[PDB]
**Student:** 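Opened a PDB file with crizotinib bound to ALK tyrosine kinase receptor.
Heads up: numbering here begins at 1 and tracks the sequence. First listed ligand is number 1; within each ligand, the first listed atom is number 1. Just so you know, these numbers use all the heavy atoms, side chains as well, and skip hydrogens, waters and symmetry mates.
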Amino acid sequence: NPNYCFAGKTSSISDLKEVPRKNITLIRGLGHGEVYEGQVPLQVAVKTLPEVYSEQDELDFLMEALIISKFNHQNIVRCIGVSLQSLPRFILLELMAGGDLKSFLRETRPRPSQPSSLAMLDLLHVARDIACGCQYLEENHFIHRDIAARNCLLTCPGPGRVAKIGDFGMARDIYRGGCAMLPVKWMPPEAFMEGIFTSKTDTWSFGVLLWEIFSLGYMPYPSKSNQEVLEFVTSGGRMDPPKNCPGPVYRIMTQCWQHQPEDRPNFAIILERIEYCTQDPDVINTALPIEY
Ligand SMILES: C[C@@H](Oc1cc(-c2cnn(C3CCNCC3)c2)cnc1N)c1c(Cl)ccc(F)c1Cl
């Protein structure tokens, strides 16, 4: 079985915690590979590998398990273990009842009925949570390559929610796809032009995630296609502030999108700037838009 290296240690599939299949019960689908709520009782999310998939898909599936299993940080989803000795293969993950961040933002947008569903501080806390996860990845020399709202999860819907990075499929592929599937709208110029990835790649992507968060779940670069975005960004074009976005928050975005990677902040600096935003009453007392 293939090996994987993280921090100072090397690992293989034999190192994955095998959970006996008989101890695992599926409860319900969680919007689908497919994903289920399961019990081991320990409440888990079950990621399945379709049996009709290929040997390569098999290897990618296991590699993702290895990757997540080796992280240890509060803002990265935990891997409970795996069930690889029976078909279909399972990966067992921390159950994140709040679901993915993009869906959460879109479904929890403040309304005339629920105008106080979300406030600016909630959004800043989500941003801080994911930045803390990104800082951990940066300091351990791991490049995610696809930081985006769709790949972040929430522990729960309500106020105590914690956001975590949940999906590592892109980093898995590169570790061992088509052009139209590349997340170009989250990528800096040196990434989509030269295939160069560094931690400053993730900084750029985080800026786009910030826009996703403060837009309350809009697709980046409204009305633009991938190729149009490629030309737009290469020429110096950047997104406008989301509706009602505080200047200090938009400033973090535009720093994340500096053309030269050396001019973009690392995640320690991003975290400091997010923290300052949470301290500023003029920022956190800003009302979010209410869609009618
Ligand atoms: C693989 C899958 O895992 C989970 C999905 C979910 C999930 C998705 N949707 N929901 C809904 C369940 C019903 N209540 C609203 C959320 C829960 C929770 N925890 C997980 N570990 C997943 C998905 Cl489906 C999407 C993005 C991710 F980053 C990840 Cl890691």
**Student:** State the binding site of crizotinib (non-hydrogen atoms, cut-off 4.0 Å).
**Tutor:**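 The heavy-atom cut-off picks out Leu30, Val35, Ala45, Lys47, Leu93, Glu94, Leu95, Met96, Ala97, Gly98, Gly99, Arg150, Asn151, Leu153, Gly166, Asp167.
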**Student:** Among all protein heavy atoms, pick out the one at the shortest distance from atom 21 (N) of crizotinib; state its residue, atom name and that distance to 0.1 Å.
**Tutor:** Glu94 O, 3.0 Å
**Student:** What protein heavy atom lies closest to atom 3 (O) of crizotinib? Include the residue and the distance to one decimal.
**Tutor:** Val35 CG1, 4.0 Å
**Student:** Do me a favour and list the nearest non-hydrogen protein atom to atom 14 (N) of crizotinib with residue, atom name and distance?
**Tutor:**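 For atom 14 (N) of crizotinib, the nearest protein heavy atom comes out as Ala97 O, 3.6 Å.
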**Student:** Return the residue, atom name and 0.1 Å-rounded distance of the protein heavy atom closest to atom 12 (C) of crizotinib.
**Tutor:** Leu30 CD2, 3.6 Å
**Student:** Judging by distance only, is a nitrogen or oxygen of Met96 under 3.5 angstrom from one on crizotinib?
**Tutor:** yes
**Student:** Looking only at protein heavy atoms, identify the closest one to atom 26 (C) of crizotinib and say how far it is in Å.
**Tutor:** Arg150 O, 3.3 Å
**Student:** Among the UniProt-annotated ATP-binding residues of chain A, which come within 4.0 Å of crizotinib by any heavy atom?
**Tutor:** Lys47, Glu94, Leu95, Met96, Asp167
**Student:** To check your reading of the model: name the closest protein heavy atom to atom 10 (N) of crizotinib, its residue, and the distance in Å.
**Tutor:** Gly99 CA, 3.7 Å
**Student:** Can you help me out: which residue and atom, if any, share a covalent bond with crizotinib?
**Tutor:**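 Covalent anchor: none.
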**Student:** In which UniProt domain of chain A do most residues touching crizotinib lie?
**Tutor:** Protein kinase
**Student:** Distance to 0.1 Å, residue and atom name: give those for the protein heavy atom nearest to atom 30 (Cl) of crizotinib.
**Tutor:** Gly166 O, 3.1 Å
**Student:** At what distance is the nearest protein heavy atom to atom 29 (C) of crizotinib, and which residue and atom is it?
**Tutor:**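 Residue, atom and distance for the closest contact: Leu153 CD1, 3.6 Å.
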**Student:** Before signing off on this row, confirm whether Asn151 and crizotinib have an N or O atom pair separated by under 3.5 Å.
**Tutor:** no
**Student:** In chain A, which UniProt active-site residue has a heavy atom closest to any heavy atom of crizotinib, and what is that minimum distance to 1 Å?
**Tutor:**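 Going by UniProt active-site residues and heavy atoms, it's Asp146, 9 Å.
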